[PDB]
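Structure (with tacrolimus).
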Amino acid sequence: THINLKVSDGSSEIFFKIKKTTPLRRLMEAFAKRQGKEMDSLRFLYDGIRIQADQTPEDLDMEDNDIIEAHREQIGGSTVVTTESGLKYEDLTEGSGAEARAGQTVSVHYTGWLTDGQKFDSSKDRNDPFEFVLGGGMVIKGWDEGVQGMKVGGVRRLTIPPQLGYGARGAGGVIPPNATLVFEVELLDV
Ligand SMILES: C=CC[C@@H]1/C=C(\C)C[C@H](C)C[C@H](OC)[C@H]2O[C@@](O)(C(=O)C(=O)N3CCCC[C@H]3C(=O)O[C@H](/C(C)=C/[C@@H]3CC[C@@H](O)[C@H](OC)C3)[C@H](C)[C@@H](O)CC1=O)[C@H](C)C[C@@H]2OC
Ligand SMILES: [Cl-]
């Protein structure tokens, strides 16, 4: 009578247990509430087809552990860019404010995950924005490279290979050796 559905947004994988005759609205609304966003502003896909809120898992022949894609990026879709260094970035929200340039002291919120989807840190969890000198060589290389070109109000997803992160050493008993890091960075100020 109930089903578990995996919702993947490109950063994490969250699961939802829902009755097969409950409209997907419930899942979509619970997902959106986590992101601080209105449900209608997000796009959910199952088997490549747009989910409508009034559809039930029964309607769509869903089964236990089926995957739903949650699209949080701009209407029209997005592209993930791999740069010369092997850093990947994806602009989820394009900023409209000042552009971040090397040499500025910038202020951000961030969340970091491992590729398995476990969360290792968030500035949100400390209610403490994070400030750093962009291009200063004091943060990991993927950050110095990846935050450049963001605009204030922007949300950018960085996928950082370990040579641009913590390499073979890892960090703080929470980042393992040779791990890719996934950050969402929201630019607050420059
Ligand atoms: C005196 C030092 C204290 C000073 C600590 C702070 C200002 C508090 C600050 C919020 C860090 C967090 O403290 C809760 C915590 O953030 C993580 O959880 C994290 O999300 C992360 O990965 N971040 C933080 C956000 C920017 C990107 C990245 C980073 O680049 O962080 C940088 C980092 C660790 C760089 C290492 C430095 C050693 C090099 O050898 C290595 O080179 C490979 C790269 C941080 C910002 C350093 O510049 C400055 C510091 O370390 C780490 C997993 C572990 C880290 O705790 C320490
Ligand atoms: Cl509904």
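For this chain, numbers begin at 1 and follow the sequence in order. Below, each value reflects all heavy atoms present in this structure, side chains not excepted, and no hydrogens, waters or symmetry copies. Method of determination (from the header): X-ray crystallography, 1.5 Å. Just so you know, ligand 1 is whichever comes first in the structure, and atom 1 is the first atom listed for that ligand.
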- Task: Enumerate the ligands or chains that make up tacrolimus.
- Result: ligand 1
- What would the PDB entry call the macromolecule that lies against tacrolimus (ligand 1) with the most contacts here? Ubiquitin-like protein SMT3, Peptidyl-prolyl cis-trans isomerase
- Message: Hi! What's sitting within 4.0 Å of tacrolimus (ligand 1) if we only look at heavy atoms?
- Response: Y110, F120, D121, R126, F130, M138, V139, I140, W143, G165, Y166, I175, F183
- Using distance alone, decide if tacrolimus (ligand 1) has a nitrogen or oxygen within less than 3.5 Å of any nitrogen or oxygen in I140. yes
- Item | Where tacrolimus (ligand 1) meets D121 - atom numbers and elements under 4.0 angstrom, heavy-atom basis | 15 (C), 16 (O), 17 (C), 18 (O), 19 (C), 20 (O)
- Relative to the heavy atoms of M138, which atoms of tacrolimus (ligand 1) are at a distance of less than 4.0 Å? 35 (C), 47 (C), 48 (O)
- Task: Run the numbers for me: atoms of tacrolimus (ligand 1), each under 4.0 Å from some heavy atom of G165, listed by number.
- Result: 43 (C)
- State which other ligands or ions come closer than 4.0 Å to tacrolimus (ligand 1). none
- Atoms of tacrolimus (ligand 1), numbered as shown, that sit under 4.0 Å from any heavy atom of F183: 20 (O), 21 (C), 22 (O)
- Is the closest N or O pair between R126 and tacrolimus (ligand 1) shorter than 3.5 Å? no
